[PDB]
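Caption: PDB structure containing AF-219.
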Amino acid sequence: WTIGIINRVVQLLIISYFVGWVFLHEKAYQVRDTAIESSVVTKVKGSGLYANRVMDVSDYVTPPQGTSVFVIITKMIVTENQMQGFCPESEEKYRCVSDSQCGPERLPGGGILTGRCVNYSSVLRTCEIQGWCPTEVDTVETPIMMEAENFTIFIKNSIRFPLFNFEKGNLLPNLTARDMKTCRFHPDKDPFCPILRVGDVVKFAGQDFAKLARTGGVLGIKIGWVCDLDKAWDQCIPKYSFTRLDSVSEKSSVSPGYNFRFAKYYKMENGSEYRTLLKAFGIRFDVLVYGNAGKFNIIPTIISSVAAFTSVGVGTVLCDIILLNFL
Amino acid sequence: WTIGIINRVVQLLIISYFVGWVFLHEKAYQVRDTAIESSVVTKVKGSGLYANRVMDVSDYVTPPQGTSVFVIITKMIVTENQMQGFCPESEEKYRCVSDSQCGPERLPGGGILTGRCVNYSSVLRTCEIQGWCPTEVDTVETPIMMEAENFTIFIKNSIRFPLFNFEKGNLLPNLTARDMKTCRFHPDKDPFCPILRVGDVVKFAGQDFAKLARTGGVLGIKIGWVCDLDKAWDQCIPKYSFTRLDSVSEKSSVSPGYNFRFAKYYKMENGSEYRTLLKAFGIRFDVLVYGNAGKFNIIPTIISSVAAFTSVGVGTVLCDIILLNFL
Amino acid sequence: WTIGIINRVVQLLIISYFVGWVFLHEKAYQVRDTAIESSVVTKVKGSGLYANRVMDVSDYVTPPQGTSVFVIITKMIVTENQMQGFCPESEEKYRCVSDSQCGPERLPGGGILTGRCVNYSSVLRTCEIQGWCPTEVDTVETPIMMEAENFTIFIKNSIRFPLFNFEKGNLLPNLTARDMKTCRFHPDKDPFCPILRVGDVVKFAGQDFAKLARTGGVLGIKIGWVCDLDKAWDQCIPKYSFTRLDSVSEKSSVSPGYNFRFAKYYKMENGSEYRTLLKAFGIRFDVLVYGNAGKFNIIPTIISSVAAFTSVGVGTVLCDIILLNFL
Ligand SMILES: COc1cc(C(C)C)c(Oc2cnc(N)nc2N)cc1S(N)(=O)=O
Ligand SMILES: COc1cc(C(C)C)c(Oc2cnc(N)nc2N)cc1S(N)(=O)=O
Ligand SMILES: COc1cc(C(C)C)c(Oc2cnc(N)nc2N)cc1S(N)(=O)=O
Ligand SMILES: *[C@@H]1O[C@H](CO)[C@@H](O)[C@H](O)[C@H]1NC(C)=O
Ligand SMILES: *[C@@H]1O[C@H](CO)[C@@H](O)[C@H](O)[C@H]1NC(C)=O
Ligand SMILES: *[C@@H]1O[C@H](CO)[C@@H](O)[C@H](O)[C@H]1NC(C)=O
Ligand SMILES: *[C@@H]1O[C@H](CO)[C@@H](O)[C@H](O)[C@H]1NC(C)=O
Ligand SMILES: *[C@@H]1O[C@H](CO)[C@@H](O)[C@H](O)[C@H]1NC(C)=O
Ligand SMILES: *[C@@H]1O[C@H](CO)[C@@H](O)[C@H](O)[C@H]1NC(C)=O
Ligand SMILES: [Mg+2]
Ligand SMILES: [Mg+2]
Ligand SMILES: [Mg+2]
Ligand code: NA
């Protein structure tokens, strides 16, 4: 019967359409490159106020080179004019009653204990230590640079897909509403402006500057390079996203936030040495570049095609058995 | 007719050859690892002259650890002995006529404005600012360290393909014409010597040292690790390439080059604090490691094979219809 | 004969089992993501002794931010109070007999030669140089901070597979025997504790602290994220490994170990400038994050399936020919 080949042919057509849409969707005809070779250069603009002193970019940004990971310092704890000597440490966990409990077996990873149980103050007696005296007092409260909210991070980024040798940057003037310098990134109003506001990146991360600034944190400015290299070059476009990477699990057991120490090293006119020890809290920024590019290639196209052919060839036989048996 | 199976068999053979060469070419029988786990350690050698002072590696290289991204400083702008205070800023964009136009709404991302319109000089009246005084004057011209051309970057690089747990380095003495220390990288005369000359990397990048040095720039020393792990180990060889990553698009709207500030922090015998503010221009180097390794594996070999079988099985039927119909 | 379809059917079943186990093993039904987007933050705890001075984290860790690559300084060579001037260099390779052999053509990549052959000491006459005087003497022996063995590296790591948008961290309290702070990483007794002991990482690397400390070295703390995202989330677990990346090939020709210089910059009450030049040896740590995630996906499942179907369809025909011919 000719209805055998009309039923057949119709069968073939419908099944072929399903399969074809599925494969063409996922671009299974494409080899993919996922090893994006990115380079990132950043610049911070702004000046803040702290105590009775002004902080400029050289004061609160570290490292100064503009690497993919940098810190804006928002709050700091100063221990000025330390000198090598012996002094009672200030952290309660060094508490003692006798010099018997200041031996080497106590806090083995801690400081260098001299062995003397000495009176730090009238209310607390701690083991004495040799090292930078006086010891740090990391249990006070200090101001935070509010002006950090109005600082700007300018993110130059140049990427290359090496499989296809396709290199492009995120400085796209034909894709920004405003001139390069005047523009600021809004995920909707200007998604390709490379100048981000610190408070913005804080808010897209969905976190509060006051709290973050105080305790420190790690924000990720993610640069994504999903591209179809079958398509025109003007279509390989970077999409920015924002997240808080020091995300706070409910369990905790470790102090959240971000802080690190470093010293400004001075030497006396006398000759002896003395430093200013700084415990710094601020927002670390991690520009995380992702990308993946697809291109037509003879081998994945052939493999995808053969897969389609055979899959339909079986689909019509099983559809014939299900139809003929009618259940 | 036996000519049916001679025509058939010949058909089969030719088509099979085409397909086989295509698949064997792309090594479709291989699973590929593209997540190269690289570690890079660099060392700069050389000394330059600047003003009436000598710069050695500790003076002009930053950071000193030898990371994958480091800067050779070729020109710098010194603002010596800054102190916290009030002074007219020097940048014309702060110009004012009355203190009415030095309110907070002016240059909100700029410095900390005191509110006074003051006479910086007799020809320019700018808003006064609180901060490091005197302000910077970033519109002058200074010399550049020419000797930077004769500096050398020694690039130790150790990579590992984790899918295959295949780790190798780029220090290959059996692959260099000269002893390790005496050798210098030439893309032809010695493509595996890990000691590169700064001016060389500048020239392979195709850019002029004088200009670059003056304005700063970002060069990429790309280490490529394309390897067939089916093949012998002696064949996993690194290939170096060189490119300028701060490439200059015609549109511009942002100053090209590379510069960053940082301060040397001093404290008076009196007690007050004072810094030397340095605006640094130089060549940043970005060692960008790429690699991808192939290996035979049962699954991609089976999939590739099945693809070949079916593709020929259809190719001979369609060749039979085209031949039989003769058009 | 019904034995034709019993032999057939049995054939089909056995071959189908072989193929099915092979494909299901390699999870060929999965698309794989190998572009792990990781962020690493590290903290060092401990204090060491060096000469008659104490070193704390700000003194011996660099950079202080806690990046994926940081150095614990174990031994250092101090050249105190350098000043710009002219002096005979101390390295024997500058040896001369007359000022004729101190011209510009000698050691062109070396220092700035003045041109005078001068008597450094009574036993050695070297070319004079302009630069930081006195010159460095990098041929002496100094102590090493032994307490570095009892220091701890705490490795916070947050990863994201962007293809599947699957983000997880290595801080897993339900996976550690001990509270987060008290725990220490043992590859068996606690493989998910993020606090590693320096001497531990040295020993898992299989190297001796005394020797390493003295000469410097590069250790890699590898964080591996092999995960089946078909499987439950609690199964995406990080596995740590440890290796020495400045591995010593037998050929050598370059000094092993790890060292870098940097200067502490001071200025006189007089006004002139003078630095302390430090040649630092220590253990650099490279947290190298790898990961690869698999997930079921319609396209690789279809391709794998079709491959299986056709492979069995041919396997039974060739098994029929081998059986029928009986050899
Ligand atoms: C410091 O200079 C740079 C540096 C970079 C890299 C190194 C991040 C850069 O990346 C691009 C280069 N080319 C285009 N089309 N887009 C880019 N995003 C642009 C400049 S530039 N010319 O100053 O603005
Ligand atoms: C600082 O020391 C290093 C460091 C590295 C890594 C960390 C970059 C190194 O990488 C190799 C190690 N092994 C081989 N075969 N090739 C390499 N390229 C070699 C030395 S070394 N032994 O001083 O020259
Ligand atoms: C500095 O703070 C951080 C930072 C990070 C990243 C930036 C490395 C971090 O990574 C995780 C975040 N969330 C989970 N579940 N696991 C993690 N490993 C945890 C903390 S935290 N909350 O202080 O301990
Ligand atoms: C580390 O601390 C232990 C005490 O817990 C001590 O016995 C050991 O000697 C220390 N290691 C070094 C190298 O000092
Ligand atoms: C140098 O002088 C300071 C006080 O000005 C003193 O505390 C210190 O001990 C002196 N240095 C030496 C080595 O005596
Ligand atoms: C940022 O600048 C605007 C002026 O453009 C000002 O109104 C605002 O208060 C500033 N933000 C902070 C946190 O000071
Ligand atoms: C310290 O002395 C300098 C001049 O030598 C002076 O300008 C400065 O104001 C003094 N510091 C204080 C706190 O008075
Ligand atoms: C580099 O050294 C050579 C001598 O080997 C010298 O002729 C040349 O002038 C030097 N280059 C520069 C820029 O000084
Ligand atoms: C400053 O004084 C030191 C000695 O205290 C001297 O060596 C140096 O030359 C002086 N500086 C100048 C510029 O004379
Ligand atoms: Mg403390
Ligand atoms: Mg300025
Ligand atoms: Mg030397
Ligand atoms: Na197939």
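Chain lettering follows the listing: the opening sequence line is A, and each later line takes the next letter. By the numbers in the PDB entry, the shown part of chain A spans 21-347. Numbering, chain B: per the PDB entry, residues 21-347 in sequence. Going by the PDB entry, the residues shown for chain C are 21-347, listed in order. In listed order, ligands and their atoms are each counted from 1. Note that these values count all heavy atoms, side chains included, but never hydrogens, waters or copies made by symmetry.
The parts of the structure that belong to AF-219 are ligands 1, 2 and 3. In this complex, the main macromolecule engaging AF-219 (ligand 1), as named in UniProt, is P2X purinoceptor 3.
Lab note: other chains with heavy atoms under 4.0 Å from AF-219 (ligand 1) -> A, B. The entry's source annotation for chain A reads Homo sapiens. When the transmembrane segments of chain A are numbered from the N terminus following UniProt, a heavy atom under 4.0 Å from AF-219 (ligand 1) turns up in none of them.
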